[PDB]
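The PDB entry numbering applies to chain A: residues 42-168, in that order. Atom set for the values below is all heavy atoms of this structure, side chains included, hydrogens, waters and symmetry mates excluded. Ligands are counted one by one from 1 in listed order, and the atoms in each one are counted from 1 as well.
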Amino acid sequence: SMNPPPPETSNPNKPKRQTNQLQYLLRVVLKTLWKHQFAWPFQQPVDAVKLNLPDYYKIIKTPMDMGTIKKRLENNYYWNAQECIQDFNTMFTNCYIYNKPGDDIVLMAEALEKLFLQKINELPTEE
Ligand SMILES: Cc1cnc(Nc2ccc(OCCN3CCCC3)cc2)nc1Nc1cccc(S(=O)(=O)NC(C)(C)C)c1
């Protein structure tokens, strides 16, 4: 089978705002995770065709990845910081769901999640 279309990253019908928290999510959180040595499996939608994973999109029905999150942030797609944090959580939980405890890919996600949570603990109060 084909891959699904990627998640939406722009919708001109959606209102936009910039907030200090969304700025921090792009400029600090996403920038820090992106450069991590384990970030590469998470930087774009899973290409189940190229990776030969016929069951991936049978199991993962709410796909998410950092490439999508980056594009959402750069497009001002998100209104609330919590939408973006939810997308990161979806990405990490999808990894845990598809794979098994102690798999290398799971240890990679665990390391990125720990860093994510450290950076979110420093999320500035909304202004
Ligand atoms: C976000 C994500 C979540 N879970 C997975 N799990 C996963 C994906 C592919 C897997 O394929 C096993 C056999 N292939 C591994 C490389 C040779 C053939 C096994 C597990 N991959 C993910 N992303 C991913 C992205 C690019 C490449 C790869 S990979 O195919 O190189 N698989 C890993 C070695 C990283 C597990 C995986």
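- Within 4.5 Å of ligand 1, most heavy-atom pairs belong to the chain that the PDB entry identifies as Bromodomain-containing protein 4.
- Checking ligand 1 against ixabepilone, fedratinib, conivaptan, the answer is fedratinib.
- Binding site of fedratinib at 4.0 Å, heavy atoms: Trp81, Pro82, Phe83, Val87, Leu92, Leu94, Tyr139, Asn140, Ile146.
- For atom 29 (S) of fedratinib, the nearest protein heavy atom (residue, atom name, distance) is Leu92 CD2, 4.4 Å.
- Protein heavy atom nearest atom 23 (N) of fedratinib, with residue, atom name and distance: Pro82 O, 3.2 Å.
- Most of the interface of chain A with fedratinib sits in UniProt domain Bromo 1.
- The PDB records the source of chain A as Homo sapiens.
- Protein heavy atom closest to atom 3 (C) of fedratinib, with residue, atom name and distance, is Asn140 ND2, 3.8 Å.
- Atoms of fedratinib lying under 4.0 Å from at least one heavy atom of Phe83, given by number and element, are 1 (C).
- Of the protein's heavy atoms, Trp81 CH2, 3.5 Å lies nearest to atom 35 (C) of fedratinib.
- Distance check on atom 33 (C) of fedratinib: every protein heavy atom falls at or beyond the 4.0 Å cut-off.
- For atom 1 (C) of fedratinib, the nearest protein heavy atom is under 4.0 Å away.
- Scanning the protein for heavy atoms near atom 9 (C) of fedratinib, the closest one is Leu94 CD2, 3.5 Å.
- For atom 20 (C) of fedratinib, the protein comes within 4.0 Å by at least one heavy atom.
- The protein atom (non-hydrogen) at minimum distance from atom 36 (C) of fedratinib is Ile146 CB, 4.1 Å.
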Is there any protein N/O under 3.5 Å from an N/O of fedratinib, and what does the full list of such pairs look like?
| unit_1 | atom_1 | unit_2 | atom_2 | d |
| --- | --- | --- | --- | --- |
| fedratinib | 4 (N) | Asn140 | ND2 | 2.9 |
| fedratinib | 6 (N) | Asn140 | OD1 | 3.0 |
| fedratinib | 23 (N) | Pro82 | O | 3.2 |

